[PDB]
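Complex: telacebec / Cytochrome bc1 complex cytochrome b subunit.
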Amino acid sequence: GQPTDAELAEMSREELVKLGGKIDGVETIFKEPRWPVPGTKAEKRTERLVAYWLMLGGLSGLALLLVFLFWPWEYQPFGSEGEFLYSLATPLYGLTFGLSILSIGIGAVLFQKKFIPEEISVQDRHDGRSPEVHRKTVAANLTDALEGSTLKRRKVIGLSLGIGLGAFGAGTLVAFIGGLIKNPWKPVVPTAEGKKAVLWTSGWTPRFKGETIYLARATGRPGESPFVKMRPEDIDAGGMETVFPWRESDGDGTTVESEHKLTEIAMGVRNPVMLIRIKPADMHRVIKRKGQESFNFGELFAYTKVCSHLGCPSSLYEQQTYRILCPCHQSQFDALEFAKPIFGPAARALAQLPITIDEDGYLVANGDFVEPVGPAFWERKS
Amino acid sequence: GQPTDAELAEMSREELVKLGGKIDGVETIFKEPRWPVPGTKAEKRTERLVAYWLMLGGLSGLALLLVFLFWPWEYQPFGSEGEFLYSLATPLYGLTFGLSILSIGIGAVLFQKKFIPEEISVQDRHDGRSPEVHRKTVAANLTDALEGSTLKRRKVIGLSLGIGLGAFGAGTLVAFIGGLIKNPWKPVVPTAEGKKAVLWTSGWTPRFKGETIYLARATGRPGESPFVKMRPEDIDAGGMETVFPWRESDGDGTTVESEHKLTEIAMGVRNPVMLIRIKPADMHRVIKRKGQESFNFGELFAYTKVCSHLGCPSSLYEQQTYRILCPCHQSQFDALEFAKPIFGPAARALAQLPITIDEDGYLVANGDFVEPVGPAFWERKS
Amino acid sequence: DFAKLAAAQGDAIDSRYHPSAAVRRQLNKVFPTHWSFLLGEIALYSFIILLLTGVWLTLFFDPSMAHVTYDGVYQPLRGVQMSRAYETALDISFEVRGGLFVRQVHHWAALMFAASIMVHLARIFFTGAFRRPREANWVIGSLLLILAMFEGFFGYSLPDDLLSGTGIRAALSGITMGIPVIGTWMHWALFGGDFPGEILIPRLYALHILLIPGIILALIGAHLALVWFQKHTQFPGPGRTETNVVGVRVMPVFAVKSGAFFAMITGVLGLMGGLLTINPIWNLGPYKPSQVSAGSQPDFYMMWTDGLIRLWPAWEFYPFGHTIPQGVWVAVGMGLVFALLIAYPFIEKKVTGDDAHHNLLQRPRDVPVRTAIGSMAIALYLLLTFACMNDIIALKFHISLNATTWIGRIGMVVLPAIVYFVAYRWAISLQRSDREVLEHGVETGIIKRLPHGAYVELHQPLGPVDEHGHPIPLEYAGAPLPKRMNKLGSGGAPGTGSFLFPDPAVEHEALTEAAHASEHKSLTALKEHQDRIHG
Amino acid sequence: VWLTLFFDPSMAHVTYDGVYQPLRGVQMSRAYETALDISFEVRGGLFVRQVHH
Amino acid sequence: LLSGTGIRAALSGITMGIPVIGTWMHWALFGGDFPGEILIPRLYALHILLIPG
Ligand SMILES: CC(C)=CCC/C(C)=C/CC/C(C)=C/CC/C(C)=C/CC/C(C)=C/CC/C(C)=C/CC/C(C)=C/CC/C(C)=C/CC/C(C)=C/CC1=C(C)C(=O)c2ccccc2C1=O
Ligand SMILES: CC(C)=CCC/C(C)=C\CC/C(C)=C/CC/C(C)=C/CC/C(C)=C/CC/C(C)=C/CC/C(C)=C/CC/C(C)=C/CC/C(C)=C\CC1=C(C)C(=O)c2ccccc2C1=O
Ligand SMILES: CCCCCCCCCCCCCCCC(=O)O[C@H](COC(=O)CCCCCCC[C@@H](C)CCCCCCCCC)COP(=O)(O)O[C@H]1[C@H](O)[C@H](O)[C@H](O)[C@@H](O)[C@@H]1O
Ligand SMILES: CCCCCCCCCCCCCCCC(=O)O[C@H](COC(=O)CCCCCCC[C@@H](C)CCCCCCCCC)COP(=O)(O)O[C@H]1[C@H](O)[C@H](O)[C@H](O)[C@@H](O)[C@@H]1O
Ligand code: HEM
Ligand code: HEM
Ligand SMILES: CCc1nc2ccc(Cl)cn2c1C(=O)NCc1ccc(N2CCC(c3ccc(OC(F)(F)F)cc3)CC2)cc1
Ligand SMILES: CCc1nc2ccc(Cl)cn2c1C(=O)NCc1ccc(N2CCC(c3ccc(OC(F)(F)F)cc3)CC2)cc1
Ligand code: FES
Ligand code: FES
């Protein structure tokens, strides 16, 4: 029960370790060397094994250095000799690096499990309710800080400080957030009937009265003429085509002014539409919506690709069953009937785009979606 | 001397504060209330003053909220009515926010200088050389961990661990960095004399033999035809114009293929040159550079704008003194004599571009710079 | 003279500083040596790897939606418009040496981060590690899991990609804009406009490299601080009580094994990053709103959300001029999940009424109701996760997609109930197995009794034996029992020579005697510590 | 952190086409365009980046 | 313009000037010559995440 002012001089390493454990409440019970019998060749085997794992880690690290420094990396076009070497460049990087560090870890674990002495140290856990002296001292300190500061007696400062902090925090959080807050219903998109909010319009919204919005096919040419006029005979019975609202003004993508109108059409989240040529024999199975009984040009039905549920494209098309499937959440809409969901999460039918053909026989939108075309939101169906 | 097991119940708040200070070695000397005399109206007025500062902070925070919500912010074009309101929108935001928080802080400082009791607490500083018991116990713990671990006795394991860690670290650092390392002297820029490293070339390097690189002026038109061929008559005695290496293929920016070549010309660090028309009366004063005696076309001299010191543009030009001045570090080159630095940090002359006039009388480079044109580097002047 | 140099450096440190007491206290801290307690470490280790990889990727990634043509090395995507973010992801994959490896190991480390967090949560929950001290550590831990899931989402959402782009379109856009009061407002604040808004990817980059990683780092620091200073809980055992920690001290053993485990885990991660391909974005064309694939799945840690949406029966509501899209449901469901996860320990202590300070873990079998609840929750999570794969499951395992959807729909109510019943009865049966081991003892080979034909299992008692053959029954003490004579001192003296050749009989005898005596000394020390603790 | 919610680091050349008239149709890096947007397009953005600097 | 010319002077010129590895450091920092298209994103990473950390 004394701090060992001078006894520490003669204390051995074990004695001082025990003294430290006693100070911390940590009792080391059964600390024993892993190799009590000296000279045994099992110890030598174990030491060589640990060193072997470490050496394997080191050789693998050297191999990582060499392969990273000297290996035919770099993408090799398909079919080019040396592509095989590239295909296993990253695999060798990972193989060598992981093998090196894994072998180092294995050697460390083996050293821990076979050389570092085994201990069953037990510690004094003092969890919960610090001794009453400390609790009373802490409470007294905090209460003295509070009451002595004379607060809860200066009701005027008590209220004014709170009002100041409340007003300042309100203003500061308002200043933080107001930069982000944007009105979803600010009329920004021009329309034939005046500027409208973005969600009320897509690329098919007529920017001008009698605007010719062609159902242009998206030929994936690299940059030039990405959108091309389309004609009814192009799609044959039981065929689907993704079409976009291309204008005469939005000419091919050669010009710098163009190539961005076209890019805007491509990036138009609600722009894409799927035009499906219903098989003639199946036209007697078609069912039409209120106000959409003439949206189909003969056997051509244009339905938005944007799924009505969370707004993924509904690209998948099944003919001989006429099912528009959305791959995000596996929702089937019935194409014969107005594109109403016959299975899956979706509960609203796809918006049908009116269509017809203008002079020269090109397919052109006969109007705009009579309802908003994306996934539903709070301000919808009114 | 004793933990006060049951006395803590009878100890007062001040007694417990003293006990806590004693435990921590903190002696609170001269802790007294700031207002010992009760009922004095000086106390009331200081209370009012602190409350006034806090309420001013609160009113300022409310003003910040109100101005941020409702104020004519948003850029107003110069001259438009309401531009004045915008010009002090951000000033009002900052003014209100700063007054709010500053006044709250002022009120807090005044509260702690007027009401929080004044203390001259003194603490026991136990810094340096923790007691001998702790030092020897730590030493024993660490030495037992080391020696007991049996290291410094398995030379093979220690050496293998060192080798493995070193090899793995080398490989991993090489893997990290090799992504960054790029050979600056990889021949990437095509040239009439074969692919060359970037620093050996600029927009004036002839991509093919006999290539006509026009000294095109950079008219700041919004996108279209930013570069137009140039004629000697355009520059008048004592006149400087920045010119760029415009090729025939790098046509106007009308198309998408162009407007990217032109962007490359504009963003070429070493591409810009300055063409200066030396006054005829000053012509006799011109001193030429060996190997650059015919680079001037009559009284027209093309010198790189890029400073020979750290590669800033040397845009400033002084006629009647013929001083090409670089403003990054105020370096003066003599334009009359070959553009050699006559003041400032620069020590190498600006590279002179050969020039002449082609068919139709347009100014075209008569060849590439005889030397690299940017700021100097290690592999230069050989 | 490394010894002299070390002594001098220690003296200098302890003269400028005075940490000897603190250094000793942290060097002597005892941590239990149970394997399950390393589970959480995995996550931490993986987290570190992510940081180390993440930094590397921040030097090469350009977040943006600036439309650009690739004009790079990868021929199959050349002249195709795409975001600068996708271009730089492709350049990392192809144009930067090891960049493909680095980003693959980054994604694998994200997956391991998620999986190890999930397994660690399973451990804490089934063992009751959250029950009184450490209830906050559960809350701060549950908030780490949510942040990790969202961080991974923003991560693979970061390189603008067809798969990740359609994932953003579904979740962040549709669900956000479905929320009734402020759905559109939240959507426009997040995207700065409509879905493909030109500010999305830079904002996600800010959220994913700095903001969410920073919050996760702070929460992990708090978590480890609490574990360190709320001494780690332990399983019931011989010398283990509510008021101690039995294990190994930090420095000599725990620190070395923890470092070796970090090395081994990073080796596993590197091996996966090399040999296994994760997220081949070059195959995933640049995001185009009109393009999509059949798979269209998020990383596993988020698939459950998608699965929920797939299995929710397309229920919407249409108030006066408004509509609550079915997507809203998943958000609400998500809330509930987190709402029921962060606030579990409090529900447990409300129902059970068990607010006592528990430092000893309890085996999952010892708490059949909580084990059943956790099994039911895991079953629901697995059902949702595999429902998110119902497309691929139907494709590979030929099952009609509608059949898979309806299997998930019926299951998300039936399978949890079956799993709860099975897990409850299983926990009770495990308890009965332990009780019968205590009553009778371990089992062994069979013997035919001498006079008659009786066959007896030839048990082996674990405690004092009564005057006759049968032993006094032992009382369950909350610790695992030996159900195999395997794991006692039975048939455990193989040749110590080598795998190929023997060692001299003297050396084998000495080694085996030393190990045998060492095991006695360990068991005896535990027994005396037990007796001193209790009595 | 606030600035990180509105800044797009890149040299992708773009025409401003924003509110600030004296820079319209002028090629600028996306980073400069977003700095201009913070200054002019986002409420308090000029104030926030100003107090940041 | 101001910050760009500051980058040009300091980073580009001085790094290129360093004798042994100066050009190599310049090409690593910019991923190429001065107007390298990976400078500003790298500075963003260094400035919002690495150096503040
Ligand atoms: C929403 C929902 C739950 C829908 C139900 C559909 C569903 C999950 C059906 C189960 C799938 C199975 C097991 C099909 C086999 C036929 C069948 C149903 C037999 C009866 C089932 C039964 C109880 C049999 C008794 C014995 C028994 C348990 C047999 C199970 C046989 C199996 C498949 C065991 C392994 C479990 C397993 C790995 C299932 C697939 C799970 C997933 C998501 C794999 C993902 C995965 C895929 C899909 C790859 O294509 C791939 C390609 C290359 C590398 C890696 C992978 C990869 O990891
Ligand atoms: C192409 C390319 C770029 C490739 C590179 C891949 C890439 C981008 C990144 C990964 C590359 C790298 C750098 C991999 C290696 C990472 C690394 C440093 C590994 C070190 C492991 C190693 C080699 C060990 C050798 C064996 C040995 C002698 C071990 C003992 C000495 C060591 C290393 C001790 C380390 C201890 C350690 C891991 C401390 C972590 C520090 C932290 C954050 C927490 C500590 C901590 C832990 C670990 C707890 O478990 C815990 C549990 C309960 C309460 C509190 C705590 C607590 O505070
Ligand atoms: C107690 C707080 C009291 C304040 C209530 C806040 C809301 C009241 C709004 C009512 C006035 C509306 C007319 C004037 C306003 C108006 O017309 O703007 C609207 C958007 O309202 C704004 O101004 C910004 C709103 C300010 C942020 C509010 C944050 C919510 C509050 C409730 C949370 C903090 C308060 C403390 C409580 C929490 C305590 C924490 C425990 C629409 O935006 P828009 O038409 O596109 O213009 C865009 C510009 O606003 C936009 O700043 C700019 O970024 C551009 O993007 C621009 O497009
Ligand atoms: C102790 C380490 C021992 C190894 C020494 C490392 C230096 C030896 C280089 C020998 C290889 C030269 C011939 C084959 C290779 C070759 O020609 O590549 C050259 C560039 O060498 C490379 O491979 C990448 C270099 C590797 C990083 C080395 C970093 C320096 C070391 C010394 C520092 C860490 C080591 C640990 C010491 C510190 C310990 C800390 C205590 C040129 O680039 P380039 O032709 O453009 O190709 C580019 C592709 O490299 C590039 O990865 C890719 O990103 C593209 O840039 C591509 O353009
Ligand atoms: C904290 C937990 C984190 C998780 C779960 C996580 C997860 C992910 C994942 C799954 C990816 C996908 C990468 C790909 O598929 O190529 C990713 C991307 C990325 N991460 Fe993180 N990450 C974390 C932390 C960090 C940190 C701390 C940083 C930076 C220090 C970072 C930087 C990046 C970058 C730059 C990318 C995009 C690079 C690319 O995809 O090519 N991440 N993250
Ligand atoms: C830690 C010390 C820091 C210093 C000395 C510092 C300094 C600066 C300065 C002077 C600017 C110029 C702003 C302007 O002229 O408009 C700037 C820009 C910026 N800073 Fe930092 N900053 C620090 C920390 C941070 C942190 C922690 C972040 C992110 C959390 C950050 C994010 C940004 C961003 C995004 C910009 C560019 C936005 C803009 O210019 O409008 N900075 N920084
Ligand atoms: C959608 C399913 C899906 N299909 C595919 C297809 C392909 C691919 Cl690749 C991926 N997927 C996924 C997908 O990955 N889904 C992950 C996901 C789900 C929801 C959220 N949500 C968080 C809460 C937000 C929210 C709501 C309420 C709030 O209110 C509060 F908390 F009070 F403030 C705050 C935020 C909405 C978005 C995120 C990711
Ligand atoms: C140049 C002056 C200037 N003129 C103008 C004009 C206009 C404007 Cl707006 C601004 N300016 C500035 C300017 O702002 N200057 C700041 C500055 C300068 C140098 C560096 N240096 C980092 C280290 C590099 C280095 C050095 C040693 C190395 O070796 C090592 F360390 F061992 F790896 C590696 C790299 C050199 C550049 C940074 C900022
Ligand atoms: S995203 Fe189309 S069904 Fe859900
Ligand atoms: S930058 Fe031109 S004198 Fe230094």
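In what follows, every chain begins at residue 1, and chains take the letters A, B, ... in the order their sequences are listed. Portion of entry displayed, and contacts counted within that portion, nowhere else. What's counted below: heavy atoms across the whole structure, side chains too, no hydrogens, waters or symmetry copies. In each ligand, atom 1 is the first atom listed, and ligand 1 is the first ligand listed.
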- All copies of telacebec: ligands 7 and 8
- Message: Would you pull out the other chains with a heavy atom less than 4.0 Å from telacebec (ligand 7)?
- Response: A, C
- Which organism does the PDB entry give as the source of chain C? Mycolicibacterium smegmatis MC2 155
- Entry name of chain A: Cytochrome bc1 complex Rieske iron-sulfur subunit
- Query: Which residues are in the binding site of telacebec (ligand 7), using 4.0 Å as the heavy-atom cut-off?
  - Reply: A:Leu310, A:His329, C:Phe150, C:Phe153, C:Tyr156, C:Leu163, C:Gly167, C:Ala170, C:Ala171, C:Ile175, C:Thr176, C:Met186, C:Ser296, C:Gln297, C:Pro298, C:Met302, C:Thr305, C:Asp306, C:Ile309, C:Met334
